[PDB]
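Below is Chromaffin granule amine transporter with reserpine bound.
Chains get letters A, B, ... in whatever order the sequence lines come in. Going by the PDB entry, the residues shown for chain A are 19-54, 131-276, 289-483, listed in order. Chain B is numbered as in the PDB entry, which gives 19-51, 134-484 for the residues shown. Each ligand, and each atom within it, is numbered from 1 in the order the structure gives.
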Amino acid sequence: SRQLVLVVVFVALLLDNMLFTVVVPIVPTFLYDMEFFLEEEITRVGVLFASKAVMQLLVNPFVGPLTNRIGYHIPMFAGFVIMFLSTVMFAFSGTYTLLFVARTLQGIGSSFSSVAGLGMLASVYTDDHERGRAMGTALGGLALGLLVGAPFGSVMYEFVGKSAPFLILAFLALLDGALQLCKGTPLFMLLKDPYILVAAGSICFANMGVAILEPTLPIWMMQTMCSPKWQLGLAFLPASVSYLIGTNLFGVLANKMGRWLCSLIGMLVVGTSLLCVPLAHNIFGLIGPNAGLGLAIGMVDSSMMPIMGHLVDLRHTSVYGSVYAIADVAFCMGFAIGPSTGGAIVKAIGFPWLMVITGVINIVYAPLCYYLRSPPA
Amino acid sequence: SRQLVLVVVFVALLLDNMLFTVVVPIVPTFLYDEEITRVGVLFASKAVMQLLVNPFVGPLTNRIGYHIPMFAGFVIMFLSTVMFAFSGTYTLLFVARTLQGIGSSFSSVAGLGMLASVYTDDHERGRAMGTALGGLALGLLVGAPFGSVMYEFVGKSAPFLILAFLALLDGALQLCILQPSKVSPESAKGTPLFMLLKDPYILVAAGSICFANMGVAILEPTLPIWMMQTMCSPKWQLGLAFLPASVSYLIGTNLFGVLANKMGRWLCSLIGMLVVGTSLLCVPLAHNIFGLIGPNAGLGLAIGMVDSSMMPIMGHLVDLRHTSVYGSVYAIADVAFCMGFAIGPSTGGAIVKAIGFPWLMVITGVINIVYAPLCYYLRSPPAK
Ligand SMILES: COC(=O)[C@H]1[C@H]2C[C@@H]3c4[nH]c5cc(OC)ccc5c4CCN3C[C@H]2C[C@@H](OC(=O)c2cc(OC)c(OC)c(OC)c2)[C@@H]1OC
Ligand SMILES: NCCc1c[nH]c2ccc(O)cc12
């Protein structure tokens, strides 16, 4: 039924973001467990975190003709196979080499599942009005999975073991497939104008703060904070709660006070939050700056997503998910460059210099948002 | 007696800054009985001369104390206001403005130095400067309408005669409290100024003050011309358009002088520079007078934040690194103030005719924004 595809797409996006967030506080702690010095391993940790983003990067365009040739269900189903294999590989992983392959399959399955499920949702709903509601429900499921995943893996590692949240995620995925078992202006012309490129760089630089924080904040915590091993994923809860509050709030506020002002203020608070992050000497210090950073990224997304839609609509022709490809290129850009470059930058210089560099980059990029106010064509 | 030094500087900056803004709506209307440029050179005569006397005023405070410079500032302000009251031509009004400049330089350097010296606790010192800047904000707030209504009703010399009487009362108060009759040299030999320009920290703080006050100082000469060119506003609203900046500057300087210590000086300066840059960014987007109360109030709050944060941070730096002599650093701060006040009004029309007002606002705002993260350098400067 029409509701069935909605529930399977909701579950798929939920589990995908859950895997993304659950991999975060397990890898550094798993690395700590075996060697029983992370400055030498941090660069490969960053590469292992960016592998999914880079593989997704090379795999986005190929799904396009593949969707047309063989429909939408089969790419949706194969996404299941890849993420189920990635989940079982994550739980049984004992070697770094296996984990890199699992991250690569995670990227493949995430790209396949996202594109195929969004296309299937577009195909099923042809009423021209409920499509937006269905997309909103799917994105709400994405945000909810983002909120839930980190407390899942962090709490359920030292309490009921290491293979627990991956096995439970695989079981929930198996419930997903049982439910599912029963245009123009290409993106490489839409990157041809300075306005859309500035907006994409805006979203990429806004998300690069959390992208660079994810590989390095847990290792920073075990090196100075001495926090308990169950608290690492809990230490990112402000970045999700404040993100949800900010994204809901600024959306009504955004149009009254201008989208460009929202984006500029969001980048300013992103830079300030990243600067204020490396001074905390205990976990309660991180709640302020991390909550501010989450609210900032929520403001930036809620201001720049409609401005990207307006920019695509006013000059070019957009589709149901034409804005999807541009933003995801920024997200994969950040999650491939920030994690990869971050290991080298923390090996060469300290983590505080990394945070200062990212904050300064956001601050200097902040004045460029004037370019988007009333653009012409 | 530690509190009685704050009330003196509270009234010294009140009267001297009163004559700065009262003369603004009284000189070009009086002279009327290329011409705009000669009028604008009147205003910047204080700003140019005060910049040069400042390097000779700062080190002078070391060798004679702080009382005599403030007494001389009282005398010079008395002479400047009296000469303003009677002079009725350009060459007679230029010397009066330069005299007001020299008096303002004396009063500002001596007052900020004596507040820094008598207030030793850093959090406690962060409050005297805030209230003194509040008195300054109230002075520039009441200066313009005072001169306007006095010139409309009671005459031209009367707003300057009353200022002379208040200056006489200020001199009596100074002779009662401070006793400026002897030259007292500071026991500690203060550091030379040109070593202090080799400190990155002092240069960054002075640059922050200079860029914020350049942002405020560029706006005042250039805003009313753009107003008449674009919105076609009646003349009576011109001075009222800048009132929220003064009001917000007073409120912000009091409030953030209270909390700059709890919230953090570097974060206060950074947020203030960011908000002043953003406010100048949205200033040339106003399509009527009602759109300017917001950004102007934000600009005033930003400048009050940056001023209350960086005003005691200079004393903090000079105590953490250099010797405990405060004349030179606050002389540099007043130099930054006067440099911003000097580049603005003489070159405002030239820059507007060259590139345009919105591009000037964009340039100043982007300069403030990119200079903002350099204030993170002031988080914890190492000691000697
Ligand atoms: C991880 O997986 C993601 O990459 C998602 C998130 C990335 C990032 C993040 N990661 C964290 C990990 C944490 O634990 C350590 C803690 C906090 C965070 C935060 C806080 C900040 N944050 C944002 C998250 C949001 C998701 O993006 C969308 O919701 C979205 C919205 C849209 O418009 C409504 C779109 O347009 C239709 C769209 O498609 C282009 C996507 C985004 O991509 C799917
Ligand atoms: N130093 C405070 C700058 C300033 C704030 N408000 C003002 C009003 C008028 C003026 O000439 C200057 C100002």
- Query: Which instances in the model belong to reserpine?
  - Reply: ligand 1
- Item | Heavy-atom contacts under 4.0 Å with reserpine, by chain | A
- If you draw a 4.0 Å sphere around every atom of reserpine, which residues of other chains have a heavy atom inside it? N35(A), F38(A), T39(A), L233(A), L236(A), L240(A), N313(A), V316(A), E320(A), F342(A), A345(A), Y349(A), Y430(A), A433(A), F441(A)
- UniProt TM segment numbers of chain A, heavy atom under 4.0 Å from reserpine: 1, 5, 7, 8, 11
